Every structure is written in C-alpha cells, then in structure tokens.
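(R)-ibuprofen bound to Carbonic anhydrase 2.
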Amino acid sequence: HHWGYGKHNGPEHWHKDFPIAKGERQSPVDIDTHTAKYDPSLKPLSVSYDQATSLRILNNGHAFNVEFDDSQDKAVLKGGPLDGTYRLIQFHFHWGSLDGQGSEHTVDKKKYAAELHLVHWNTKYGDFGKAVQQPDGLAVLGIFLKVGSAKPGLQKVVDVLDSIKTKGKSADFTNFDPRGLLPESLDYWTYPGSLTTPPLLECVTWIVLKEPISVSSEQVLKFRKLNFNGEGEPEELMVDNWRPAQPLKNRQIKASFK
Ligand SMILES: CC(C)Cc1ccc([C@@H](C)C(=O)O)cc1
Ligand SMILES: [Zn+2]
C-alpha cells in the first residue's frame, strides 16, 4: 500500500484500493453551524487525563503520533454522545503548507491551520484492532489550531520533532500531559464518521470542539520541517496531510451548546 497525499497517491486515488472511501459515513465533513442542531440529550463530556501515561513519539510517514499506555483505564473519554468508556491510545495532527489550510474538518467552509486528533477506543471490544471493526469502536476528539500566540503545552512536542524527522524514526516521550493541548471550553459538535486515512473504516464517533487553540507561527513551522520520506531518500516535506471534506449524506451534526 502506497497511499499518501501527493498528486499520484492522494485522497482522489484512495477509493481504488479502499472503496469505502465513497461510503455513507466518511470523514471529515464541513460543519454548517446554522444547520447543526442543539441536542439536549447529549450528556456532559468527561475528559479524564490526569493519569495519562505517554510513551513514545513516532513519525509514521503520514503524521507523527504520540502514543500512550492503553493497557489500563488510565486516560479515558466518557460522556457526551458516548456510551461506555474509551481509552486514549494516541494523538496526532494534520496541518497545511500555509496557515490558511491544514484542518480536515471545516466550519462554514473555513479551514484552520491544523487539527489535533486525540484517538480513543471502546474498551468493550478489548483491543484497538477489534474496536476499529465496530461502528462505535472509536471516539476521536478533534481540536482546531489557529496561528497566533504560542501554546505552552505544545512546546515539548515541537522540541522533539528534530529527532523524528523522517519516516520510521521514534523517540522516548514519557511524562507528557495531553491536558495542556485542550481549549478552555469543551463545547462540541458530534456526528458519526470514519478514519480520515486508509483504511477509512466507518468506526468513529467524532467530537469536534468549537473553541480552537492558538499556536505560534514558530510552532507550526516546526511541524512543516518534518519529512514524509525515510532517511536517505529524497526529501518530501510533511505538509498538507489532510483529507478534504466528504459528503454528509444521511447524517446530522449535533451541537452540545446553544
Ligand atoms: C491504522 C489506523 C486505524 C490508524 C488510524 C487511527 C486513527 C485515525 C483517525 C480517527 C484520525 O484521527 O485521523 C485514522 C487512522
Ligand atoms: Zn487524524
């Protein structure tokens, strides 16, 4: 499998190997703020990260992942639209070559500079590989990034990127607190969707926060110095690793707020 984000292997090609790319609940989507409806049945969202155990940071050739110990209920997402308990396994970002693009979700067609995904899996399915085979297997918290002030809680990530420049590189990344990446407000939109990269499985409850976080131009510039390629291969900067918005089809986006 040779998928990526270039002209010859990018999102417009993925359907040939992954036909679900044209499916009924694909992600990301545009969030029309005038059509999304407040849902008073949504319970309060519960982000419990105080015992999170980060382990490692990895350049996988498509993004960089910060991985967590998910062998116990240490860092969990509950509530909101969710039934049951979802364990944090990793976070990563999608970002652009310029500040005017980079997010996967859009808000009234606005693109943000980047988007953070905190990925969690439903503990009722026992392991992550089983969970992705279920319609309610994953819960992903999506957080928009805009360029302005620096985000102090992001700097420890930015400063290790030099050590994982190329595909397949990893570095120890213990004692990182993901609570430092959240906005003040947990107001959100939610809808059923999919992974936004191959294999594009339709297994995700998306929870997209309304409030973006601010990062500095210097912080996002360091994202853009990473490489898609491996060491000793021609340099391809890791930029524009985002899938565009997909048809909403027979789905409603619900708001947690008035
Ligand atoms: C091998 C696959 C399962 C890895 C993967 C994890 C999470 C995502 C989505 C939810 C995302 O956050 O972009 C996409 C791919
Ligand atoms: Zn993602």
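All residue numbers given for chain A refer to the PDB entry; the residues shown span 3-125, 127-261 in order. When the header is checked for method, it gives X-ray crystallography, 1.5 Å. Hydrogens, waters and symmetry mates play no part in the numbers below; they use all other heavy atoms, side chains included. Each ligand, and each atom within it, is numbered from 1 in the order the structure gives.
In the structure shown, the parts corresponding to (R)-ibuprofen are ligand 1. Heavy atoms within 4.0 Å of (R)-ibuprofen (ligand 1) belong to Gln92, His94, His96, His119, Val121, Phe131, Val143, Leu198, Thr199, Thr200. Those atoms of (R)-ibuprofen (ligand 1) with a heavy atom of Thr200 less than 4.0 angstrom away are 14 (C), 15 (C). Checking only distances, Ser197 never comes within under 3.5 Å of (R)-ibuprofen (ligand 1), N or O to N or O.
Short-range neighbours of (R)-ibuprofen (ligand 1) under 4.0 Å, ligands and ions only: ligand 2 (zinc ion). The protein non-hydrogen atom at the shortest distance from atom 10 (C) of (R)-ibuprofen (ligand 1) is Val143 CG2, 3.5 Å. Short contacts between (R)-ibuprofen (ligand 1) and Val121, defined as distances under 4.0 Å to a heavy atom of the residue, involve ligand atoms 12 (O). Using a 4.0 Å heavy-atom cut-off, the UniProt Zn(2+)-binding residues of chain A near (R)-ibuprofen (ligand 1) come down to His94, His96, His119. From the protein, the heavy atom lying nearest to atom 12 (O) of (R)-ibuprofen (ligand 1) is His94 CE1, 3.0 Å. Protein heavy atom closest to atom 8 (C) of (R)-ibuprofen (ligand 1), with residue, atom name and distance, is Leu198 CD2, 3.7 Å. Of the polar atoms of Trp209, none of the N or O atoms is found under 3.5 Å from an N or O of (R)-ibuprofen (ligand 1), judged by distance alone.
Summary of contacts: the protein heavy atom closest to atom 4 (C) of (R)-ibuprofen (ligand 1) is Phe131 CZ, 4.8 Å.
Among all UniProt-designated active-site residues of chain A, the one at the smallest non-hydrogen distance from (R)-ibuprofen (ligand 1), rounded to 1 Å, is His64, 8 Å. UniProt's substrate-binding annotation for chain A and the heavy-atom shell under 4.0 Å around (R)-ibuprofen (ligand 1) share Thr199, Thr200. By UniProt annotation, the domain of chain A supplying most contacts to (R)-ibuprofen (ligand 1) is Alpha-carbonic anhydrase. Within the 4.0 angstrom cut-off, atom 15 (C) of (R)-ibuprofen (ligand 1) has one or more protein heavy-atom neighbours. Put simply, atom 1 (C) of (R)-ibuprofen (ligand 1) has no protein non-hydrogen atoms near it, under 4.0 Å away. The shortest N or O to N or O distance between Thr199 and (R)-ibuprofen (ligand 1) is under 3.5 Å.
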Please produce the table of protein N or O atoms sitting under 3.5 Å from N or O atoms belonging to (R)-ibuprofen (ligand 1), one pair a line, distance to 0.1 Å.
from, atom 1, to, atom 2, distance (Å)
(R)-ibuprofen (ligand 1), 12 (O), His94, NE2, 3.2
(R)-ibuprofen (ligand 1), 12 (O), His119, ND1, 3.2
(R)-ibuprofen (ligand 1), 13 (O), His94, NE2, 3.3
(R)-ibuprofen (ligand 1), 13 (O), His119, ND1, 3.4
(R)-ibuprofen (ligand 1), 13 (O), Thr199, OG1, 3.3

